[PDB]
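Summary heading: complex between carfilzomib (bound form) and Proteasome subunit beta type-2.
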Amino acid sequence: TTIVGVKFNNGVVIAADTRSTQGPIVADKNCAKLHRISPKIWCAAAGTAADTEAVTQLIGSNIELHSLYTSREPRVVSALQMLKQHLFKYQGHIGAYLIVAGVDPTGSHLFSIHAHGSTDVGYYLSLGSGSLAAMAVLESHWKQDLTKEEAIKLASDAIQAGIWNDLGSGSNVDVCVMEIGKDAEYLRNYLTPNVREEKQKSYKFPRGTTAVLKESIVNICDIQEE
Amino acid sequence: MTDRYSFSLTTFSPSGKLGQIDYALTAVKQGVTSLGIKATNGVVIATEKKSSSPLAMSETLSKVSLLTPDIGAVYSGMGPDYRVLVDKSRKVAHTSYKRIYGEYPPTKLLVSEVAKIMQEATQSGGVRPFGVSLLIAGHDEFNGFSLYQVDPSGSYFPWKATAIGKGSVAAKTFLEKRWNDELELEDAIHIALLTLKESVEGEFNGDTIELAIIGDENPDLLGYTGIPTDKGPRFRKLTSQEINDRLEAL
Amino acid sequence: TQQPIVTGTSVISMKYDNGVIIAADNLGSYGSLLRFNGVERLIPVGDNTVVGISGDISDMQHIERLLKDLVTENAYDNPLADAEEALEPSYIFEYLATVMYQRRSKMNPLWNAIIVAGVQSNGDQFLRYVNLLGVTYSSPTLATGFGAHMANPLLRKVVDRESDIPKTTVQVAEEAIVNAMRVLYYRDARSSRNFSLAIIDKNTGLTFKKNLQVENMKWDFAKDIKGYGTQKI
Amino acid sequence: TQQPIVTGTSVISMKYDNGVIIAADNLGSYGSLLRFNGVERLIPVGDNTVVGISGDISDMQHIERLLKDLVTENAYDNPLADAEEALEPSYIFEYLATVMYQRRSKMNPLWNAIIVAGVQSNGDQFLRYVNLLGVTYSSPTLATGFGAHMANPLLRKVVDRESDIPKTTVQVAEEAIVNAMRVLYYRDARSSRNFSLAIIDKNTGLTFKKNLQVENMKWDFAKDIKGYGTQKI
Amino acid sequence: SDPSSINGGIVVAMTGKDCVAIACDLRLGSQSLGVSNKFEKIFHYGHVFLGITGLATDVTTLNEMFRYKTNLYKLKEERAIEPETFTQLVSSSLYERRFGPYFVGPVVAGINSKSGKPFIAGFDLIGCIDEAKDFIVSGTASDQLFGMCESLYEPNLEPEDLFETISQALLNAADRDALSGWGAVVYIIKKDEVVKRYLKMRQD
Amino acid sequence: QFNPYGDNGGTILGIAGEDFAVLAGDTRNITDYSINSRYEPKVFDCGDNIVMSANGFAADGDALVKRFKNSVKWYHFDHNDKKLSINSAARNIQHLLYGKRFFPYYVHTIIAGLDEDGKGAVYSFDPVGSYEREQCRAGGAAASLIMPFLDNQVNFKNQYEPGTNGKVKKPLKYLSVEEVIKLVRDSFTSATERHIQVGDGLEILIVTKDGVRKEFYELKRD
Amino acid sequence: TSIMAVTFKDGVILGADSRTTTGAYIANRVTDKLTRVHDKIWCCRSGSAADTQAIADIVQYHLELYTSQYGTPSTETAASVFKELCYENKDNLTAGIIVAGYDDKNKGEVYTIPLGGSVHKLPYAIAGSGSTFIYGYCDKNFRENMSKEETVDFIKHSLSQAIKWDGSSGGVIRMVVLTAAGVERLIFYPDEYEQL
Amino acid sequence: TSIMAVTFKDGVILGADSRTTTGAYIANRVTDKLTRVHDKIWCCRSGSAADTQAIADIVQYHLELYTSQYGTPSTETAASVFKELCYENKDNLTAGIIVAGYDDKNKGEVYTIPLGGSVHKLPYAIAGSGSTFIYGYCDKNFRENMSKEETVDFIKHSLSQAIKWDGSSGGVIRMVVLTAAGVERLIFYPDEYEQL
Ligand SMILES: *C[C@@](C)(O)[C@](*)(O)[C@H](CC(C)C)NC(=O)[C@H](Cc1ccccc1)NC(=O)[C@H](CC(C)C)NC(=O)[C@H](CCc1ccccc1)NC(=O)CN1CCOCC1
Ligand SMILES: *C[C@@](C)(O)[C@](*)(O)[C@H](CC(C)C)NC(=O)[C@H](Cc1ccccc1)NC(=O)[C@H](CC(C)C)NC(=O)[C@H](CCc1ccccc1)NC(=O)CN1CCOCC1
Ligand SMILES: *C[C@@](C)(O)[C@](*)(O)[C@H](CC(C)C)NC(=O)[C@H](Cc1ccccc1)NC(=O)[C@H](CC(C)C)NC(=O)[C@H](CCc1ccccc1)NC(=O)CN1CCOCC1
Ligand SMILES: [Mg+2]
Ligand SMILES: [Mg+2]
Ligand SMILES: [Mg+2]
């Protein structure tokens, strides 16, 4: 997986590739790794896929209840604190490595969190198997006072580096932009540089090609009247 | 430093009455009037913001509460009992439903869970029943719009329209005359404001009235864009200005 | 079978229109200890070849002596030793690749990763890799260790395929190499600031640059980073 | 189950005619690193008992707090806390011995060897050992770690059996202890020159000596030692 | 020793034009010994179909578990569970055994009764969801099924064409796996009719 | 401890026609999750109208090909420039592989060419030298993905004549070179989608009576 | 990691490098290892990033609750809370922490807590992988009652050497000054400290 | 073991501690780790006592035979013979050797040979377990072209610190001075160097 976060002038952008794997096999070519914790707090996930989903949903559920209880819009530091304490308690066994970003009344924020429960602060971050390829691009092109357009460009370029150079990553680039005083914009399949070419041949079979022993109707309906 | 009250504090009397439930219903009768009306394309719930002092900021006290994005609740009776029930109702919507099925519960089942919590306070050791009646309005895909009442016993009933608390007998008669099965949501809001004016003594405006609807999806209130299936909350609390606009055409 | 003791980190390289560039830092690490700060890991062979070596330094010094002895041996009874029968990059590589695979096959490897960079007689660019296992491969960009993970992505943005090689000048290619060395200094815990760089061009020959430093570093944003989440000061 | 981290070496001790002497150096080692040079490992309890501790220093500090808390607890509702119901060496020892054996039996030991030295109410000398396993024993001389191997042989030349105790004065006994500490500094790689010594006498009470140094060392013969056999210069 | 390959078996699912297909082999074994040639791996709860590969005791246990849960769902909700909702229920149920998991590879298939939209999904043993447009594979010949599906599949196939494609994907994948085969079943699922077909295949 | 083996990934495919044979291989070379090269040739013209590939651990693969190429050279010297037949090449390769029975070459080898009757031939080897002639074979990382497809599309397995209930099999046919190359390209496009170690490029060597021809096609680079 | 805390005339100064490692990869080059547990009680962190963060978060909680009930805690008290957590959970923790603070009564104090969970009060302390390389240097160059400028230079020169020789240390040198005057943050970049 | 060799204006000086350990027992407290392989080529030994003695004995033999045939060997040549033995027998040896010598042509030279059998020519070198604690100190205090008295003090102060912090080092500080003037042996006792 390749996931990144990049801060800019008036907010923060996160991005991710869309490949999930099972051994050396690609299980899903259009995986969604940008998870919504709350409307303006989103995070990118790497690691054990079930764990990242379960952990984002649990903390996202508890963040929603906390928001209703306090009559306040959720804060990124709260999502961070609740995620790290949960992951620390499980001593690394919950294999969730996350980049947590968002906007709240305090401002815009960008953090990373690792499976053992350590967190870090930064203006640019990368995680997953393609994090070295992505960090190379980030270390070469990042500057202070980036615009929205520049940060989206830099984030997607950093994912592309992971797509092309890391065998763990591939397919498409997903982006989510969180700007202060605006709705968060989730851009699913922001780039699509890996469409399969047309096949040489059609493999549609003639009807009757497969040998059958028995046919029967399956009753899916409930017990009937009369 | 022991909880020794492991026995029921609500029991059957010789006449077959459960005294504490009846007495809880009496507490609900003393409470401020609240109502609910169901339209074809929506549901409205409403109540009076009875301010305990003019120095108090009545905006901070929310009698009408969001439970899920498509479900809202109002009450009559004891306010603190209502507040803790709203906390528990919000939580049980997640724990016993959303964390299992990945979607919010339908209105009737969330009502069922709240009802269960209120029943248990009517039978468990060392507790009194909740001194509230709730009106829960909501929408879900397969059942459409709905409106439910929940009493201190745990019993619940679906309503086309109803009222609870202080002037409920008079308010229910008023609604019987005005309600029909072809009402639009705006017509139901208009009828809700007319019904509620009868039970209010003092000032009657957007600052002393609390009103919310279960209506169309509000994508502008969602807070994010990019997922076509997530179209926004159907619950919306009307503003002070929005209420006053409709009071001029009253 | 052994374990590496004193070690050298990444060697990085690429092809450009008229030749090849190769680079490596001047460090010999002793585990986490940054023990030796003046170690040259680019070793020229003649005026047309540079062998860049990472991994065990004792084994590097052995390989250095093999190459030095190879030049001596090639000169024997060879009137064209400085002309048509001079050592080629392809000859030097194949020799090393033979030795590497022979040593792994005796379960006593030379614990190194090697990149041979040069220009052939006909002006063709030569760039090929070999390691302790005898595994060999060629590509428009090549890098060992951390450089494979971090330098290659950056260098491949300049030369992504064979057809990009004629379009890439020596200035653009050197710039890319120098930037890649900075990125490795930010991110590799067993790297140093000081490095050597070698250009082998078909026209201008062998240019060997010593005592280079990583410069134009960005650390200023560090002042604004406080705590690990909730700390405000 | 754990492993000891910061550690203290030998504690040595002996009986003499009117009391007991105990000593230990002021070092807290971190493996081969001689990390902490001001660590007190003799801890007095009242005016009649000194507990000398070796092994894990974190566990030593825990034991120190247990003893401090034991004095506080003994004073509670006790008008004779500074007289007939004061803590005795035998009481302090049995408490520690109980704790040590309980902790080993839960597979979570206090990783220490302990010598309790003192004088009882009736003037009798008290000297007894306990360790991480709960093993206990008494003898006219006692020592932990390297001290068992090197100090005991020397101290047993002064008091070889019970009948030698009345014949041994405080000057002779202290001299033997000070010499033993020098021998340990020559020969124990995890020792220091600086040490503390405590005398508990039935007449003169508790005398606690800090900041002592090993002195009168012989190193001069070292100049004459050259090579390892055949070297003459 | 590896619980996921003691008994053997495979499941594959595919989408078509206004239809879905789900298919499985019939083998149950104890490593090299073939025991049963009638061990079906596809179950249904109303109109939602579930295939399960892996350790056979857990296949049976999970069928009984999801029958239990979908029966209670229907009593309370007063409607049949949909594929999208059932998928989430499978995921929730698997993940609650995170550190002592069921050794299984489940596959959901069905048509949403309201929207009419074809739906398939797959899961790992701890409940991660793969919601594919095209196809889902599972079992000891999953590599083989991935290869067959990725080449043979095209979108928007009619029900009777989709039958041929999924059958050929299953059969040829099974014949390259020692622990799969011994018969096969194919379900063709449309909005209000479901046809079940037993395939003639080689019995080794 | 020192491990003398490694895995360089890659995937290869041999198909035999009536008067031709193809040997195809992807051009990607990898270790762990890194790409070493996007174009590192893996299928080689060995002379005498024989093409060879030894996929797996690339160092052992290169060593084996190098030794076989040399075996062809010395076969010419020792037997009066006689053409090494494909069957004879195969038996020679068995002895090269079995020579290292207790320290194997970690590769799957395929050779292709024409037999002594001019008919297309593909031979396939395990690491220690067991071999068999076949119409079809895929080897390497994505062999498990590709082989079942070839069983179905080259040898017509599990396919029957429509309307015969299920009792007349689809009759076996030789495929044209155009039809084989279509199956090769689709096999590798499919493998590239689902296997991380497969990609970058496809290089096909086609062997006929006229000689050895090459074709190259781009594959996805992710 | 290279960390140190040094008492001086006007108070105490904490210092650290900014490197976080996963194997030989530098996961964070601008890490802040100097963390606030109270207004004028800070700590230097070394060992596991997860463990030392978890501990520091718990200590910050304990001292916030101490302050609500009993007023400002002493540096000794803060060190005791760190110790209790490190000692009692010694089997499950990898944490090497230096605690430093300023009182008006006690002035500057430094407590070091190594792996076992022992406590040691010292005039100055050094810790982390890179500290091994500067025991010699620090012992020869430390004096008591130094000025602020002298103590900044002592830490800058010391950590410069630790960074130079330890591959696990690097980046910027962060410092935190604790005096009666308040809390001052200082940063020193590679171009400054490498040429020393 | 703590060992070093330092080039200076008039030549080179070798230094060492005198401790030999079996576990934590000090088997020899007056060890001589500075060994002659030729009149003016000496070495500092660290690692296995058996291995470094065996190697040094073989090197002394090789250089004696070199001298009989070809005259006085260079320091570089002596280092090469050490290297050959250490490199080729790397699997079976635990030897860390510093080679130091004086020519009239080349003046003072120092070569260090660590565990792998690599060679490194340096202005000065440090090695052994105790050297880790003085990298900082030695880097800050070394200058080229020092006087004899300055270089004796530099080694005395350096090994003093190495001894202070390393339990595996101790005893006396032995030194051997190599100049045109000849070969001088120096010894420094604990009472002298501890108070520095
Ligand atoms: C791909 C990536 C570049 O690594 C990136 O990090 C993504 C990010 C996700 C999608 C948010 N990660 C994955 O795709 C993981 C990689 C991974 C695999 C294995 C362990 C840890 C990480 N992929 C998955 O988690 C994968 C998702 C499926 C394909 C939908 N699940 C598995 O591979 C599963 C993990 C099981 C497991 C159990 C306990 C601890 C950790 C992991 N393994 C299997 O399914 C293997 N096997 C099980 C028995 O049946 C046959 C298959
Ligand atoms: C740099 C320094 C000298 O070590 C200094 O002490 C810093 C101080 C921190 C920033 C407060 N320490 C680190 O950087 C630690 C060093 C360390 C590693 C492992 C155990 C203890 C200490 N680094 C981390 O804690 C690191 C932070 C992540 C990258 C955000 N975590 C790990 O490396 C993680 C720790 C697992 C662990 C935890 C506790 C005890 C034992 C092990 N380890 C991995 O992820 C292992 N890694 C190995 C290579 O393949 C990938 C997995
Ligand atoms: C002190 C120093 C810093 O280590 C310094 O390098 C000196 C330099 C010498 C004097 C030239 N080195 C020693 O003192 C070595 C340290 C060492 C120990 C073990 C392996 C390598 C180095 N000490 C010895 O060589 C020691 C000399 C004897 C006492 C005369 N020999 C041993 O300790 C012996 C070595 C066995 C061995 C040899 C080579 C590789 C691995 C192991 N070991 C034992 O006798 C073990 N001993 C353990 C405790 O129970 C008794 C047996
Ligand atoms: Mg089979
Ligand atoms: Mg990729
Ligand atoms: Mg010492």
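Residue numbering restarts at 1 for every chain, and letters A, B, ... go by the order of the sequence lines. Order of appearance sets the numbers: ligands from 1, and atoms from 1 within every ligand. Displayed portion only: the contact tally does not extend beyond what is shown.
Every copy of carfilzomib (bound form) included, the relevant parts of the model are ligands 1, 2 and 3.
By chain letter, the other chains having a heavy atom closer than 4.0 Å to carfilzomib (bound form, ligand 1) are A, E. The parts of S20(A) lying near carfilzomib (bound form, ligand 1) are both backbone and side chain, judged by heavy-atom distances below 4.0 Å.
Every atom of carfilzomib (bound form, ligand 1) with a heavy atom of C31(A) under 4.0 Å away is listed here by number and element: 10 (C). The proximity of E53(A) to carfilzomib (bound form, ligand 1), defined as any non-hydrogen pair under 4.0 Å, does not occur for either the backbone or the side chain. What the model shows is a covalent bond from carfilzomib (bound form, ligand 1) to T1(A) OG1.
With ligand atoms numbered from 1 in the order given, carfilzomib (bound form, ligand 1) contributes 1 (C) to contacts under 4.0 Å with heavy atoms of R19(A). When only non-hydrogen protein atoms are considered, atom 2 (C) of carfilzomib (bound form, ligand 1) lies nearest to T1(A) OG1, 2.5 Å.
The residue in chain A annotated by UniProt as active site that sits nearest to carfilzomib (bound form, ligand 1), with heavy-atom distance to 1 Å, is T1(A), 1 Å.
Among all non-hydrogen protein atoms, the one lying nearest atom 40 (C) of carfilzomib (bound form, ligand 1) is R98(E) NH2, 3.4 Å. Contacts between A27(A) and carfilzomib (bound form, ligand 1), counted as non-hydrogen atom pairs separated by less than 4.0 Å, involve the side chain only. Selection from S4(E), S129(A), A49(A) by nearest heavy atom to atom 49 (C) of carfilzomib (bound form, ligand 1) gives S4(E). If you look at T21(A) next to carfilzomib (bound form, ligand 1), the close heavy atoms, those under 4.0 Å, come from the backbone and the side chain alike.
Of the listed residues (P101(E), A44(A), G47(A)), the one carrying the non-hydrogen atom nearest atom 15 (C) of carfilzomib (bound form, ligand 1) is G47(A). With a heavy-atom cut-off of 4.0 Å, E131(E) does not touch carfilzomib (bound form, ligand 1) at all. Looking from atom 51 (C) of carfilzomib (bound form, ligand 1) to the surrounding protein, the closest heavy atom is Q22(A) NE2, 3.8 Å. The molecule name in the entry for chain E reads Proteasome subunit beta type-3. By chain and number, the binding site of carfilzomib (bound form, ligand 1) at a non-hydrogen cut-off of 4.0 Å is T1(A), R19(A), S20(A), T21(A), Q22(A), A27(A), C31(A), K33(A), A45(A), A46(A), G47(A), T48(A), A49(A), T52(A), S129(A), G168(A), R98(E), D124(E), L125(E), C128(E).
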When you pair each N or O of carfilzomib (bound form, ligand 1) with protein N or O atoms, which pairs come out under 3.5 Å?
| from | atom 1 | to | atom 2 | distance (Å) |
| --- | --- | --- | --- | --- |
| carfilzomib (bound form, ligand 1) | 4 (O) | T1(A) | N | 3.4 |
| carfilzomib (bound form, ligand 1) | 6 (O) | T1(A) | OG1 | 2.3 |
| carfilzomib (bound form, ligand 1) | 6 (O) | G47(A) | N | 3.2 |
| carfilzomib (bound form, ligand 1) | 12 (N) | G47(A) | O | 3.0 |
| carfilzomib (bound form, ligand 1) | 14 (O) | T21(A) | N | 3.0 |
| carfilzomib (bound form, ligand 1) | 23 (N) | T21(A) | O | 3.0 |
| carfilzomib (bound form, ligand 1) | 25 (O) | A49(A) | N | 3.0 |
| carfilzomib (bound form, ligand 1) | 31 (N) | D124(E) | OD2 | 3.0 |

